[PDB]
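Quick note: numbers on chain A are straight from the PDB entry, i.e. 43-307, in order. If you're wondering, the header gives X-ray crystallography, 1.8 Å. In each ligand, atom 1 is the first atom listed, and ligand 1 is the first ligand listed.
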Amino acid sequence: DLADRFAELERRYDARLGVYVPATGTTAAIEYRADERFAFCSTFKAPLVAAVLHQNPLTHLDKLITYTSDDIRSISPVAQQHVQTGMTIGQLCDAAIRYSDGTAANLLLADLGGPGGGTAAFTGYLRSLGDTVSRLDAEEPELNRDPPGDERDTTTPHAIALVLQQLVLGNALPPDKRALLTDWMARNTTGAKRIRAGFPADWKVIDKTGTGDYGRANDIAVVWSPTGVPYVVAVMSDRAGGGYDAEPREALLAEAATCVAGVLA
Ligand SMILES: *C(=O)[C@@H]([C@@H]1N=C(C(=O)O)[C@@H](S[C@@H]2CN[C@H](C(=O)N(C)C)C2)[C@@H]1C)[C@@H](C)O
């Protein structure tokens, strides 16, 4: 019984866990707290890259963006290496997805442009995909810091799974732009201990992680069975009971993903 297993994990990790897998052909939707709000943390960077791709000719990827010391305000493993030379939009998309680079995401928000440093256009992009739930209100680092229960900078496992499904499996993007997004997520370096850890090696996994204060740990993925049947898997968690400094616990996500993988196999 999945719901019992997920409740057990909540008790084990003193956590709140949300899980959504959209219905398919012959699988029912899997849902646990799936309509509860959880902080996006860095999972917003997947739809952000989609927004930027959609908004511009493909060769906008080649535009050089320059930035400086006062632009580095959050974990930025790539942008910190590159501050002296600048980064192209393509490099920024790569870093935002594959290293979950915060400065890259801030610069991409600015590229999208408009009110709230790009957060309003980002939210507008989600609305165009029929997501009337999610909202982005701040950039890095503030978007990870909203107190438990606060709706700012939140999505739900349900809302984000339906968004990701459109982006990767559906027709939200033209095939060329879709492939760019899928490949970046395929090559993610931050997800080995999350949804990836719950699925057997012969299943393909592409994903974007999120980690934040109050013990926040998220992962959104598309997985393909060894016969090429795709499923979207959104797992979100927090450990608000430990306060602001509560440690995120990836193991929770690995276990929840293992439970999902068992139903889908
Ligand atoms: C987004 O959630 C935030 C960043 N996203 C992270 C993630 O998805 O895991 C981490 S960065 C990632 C894990 N640690 C590695 C690292 O190189 N350092 C921590 C230095 C890579 C991060 C909280 C947001 C700040 O963009």
Name of drug found at ligand 1: meropenem (bound form)
Main binding partner of meropenem (bound form, ligand 1) (name per UniProt): Beta-lactamase
Identity and separation of the nearest protein heavy atom to atom 4 (C) of meropenem (bound form, ligand 1): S84 OG, 3.2 Å
Ligand-residue contact atoms, meropenem (bound form, ligand 1) with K87, heavy atoms, under 4.0 Å: 24 (C), 26 (O)
Test item, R258 contacting meropenem (bound form, ligand 1) (heavy atom, 4.0 angstrom): no
Proximal candidate to atom 25 (C) of meropenem (bound form, ligand 1) [heavy atom criterion; set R140, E182, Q122]: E182
Polar contact flag for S116 and meropenem (bound form, ligand 1) (N/O pairs, less than 3.5 Å): no
Nearest neighbour of atom 17 (O) of meropenem (bound form, ligand 1) from the list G254, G233, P119, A81, on a heavy-atom basis: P119
Chain A UniProt active-site residue nearest meropenem (bound form, ligand 1), non-hydrogen distance to 1 Å: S84, 1 Å
4.0 Å protein heavy-atom contact status of atom 14 (N) of meropenem (bound form, ligand 1), strictly under: no
Where meropenem (bound form, ligand 1) meets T251 - atom numbers and elements under 4.0 angstrom, heavy-atom basis: 7 (C), 8 (O), 9 (O)
Shared residues: UniProt substrate site in chain A vs. heavy atoms under 4.0 Å from meropenem (bound form, ligand 1): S142, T251, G252, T253
4.0 Å protein heavy-atom contact status of atom 6 (C) of meropenem (bound form, ligand 1), strictly under: yes
Deposited covalent linkage of meropenem (bound form, ligand 1): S84 OG
Meropenem (bound form, ligand 1) binding site (4.0 Å, heavy atoms): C83, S84, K87, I117, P119, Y141, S142, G144, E182, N186, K250, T251, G252, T253
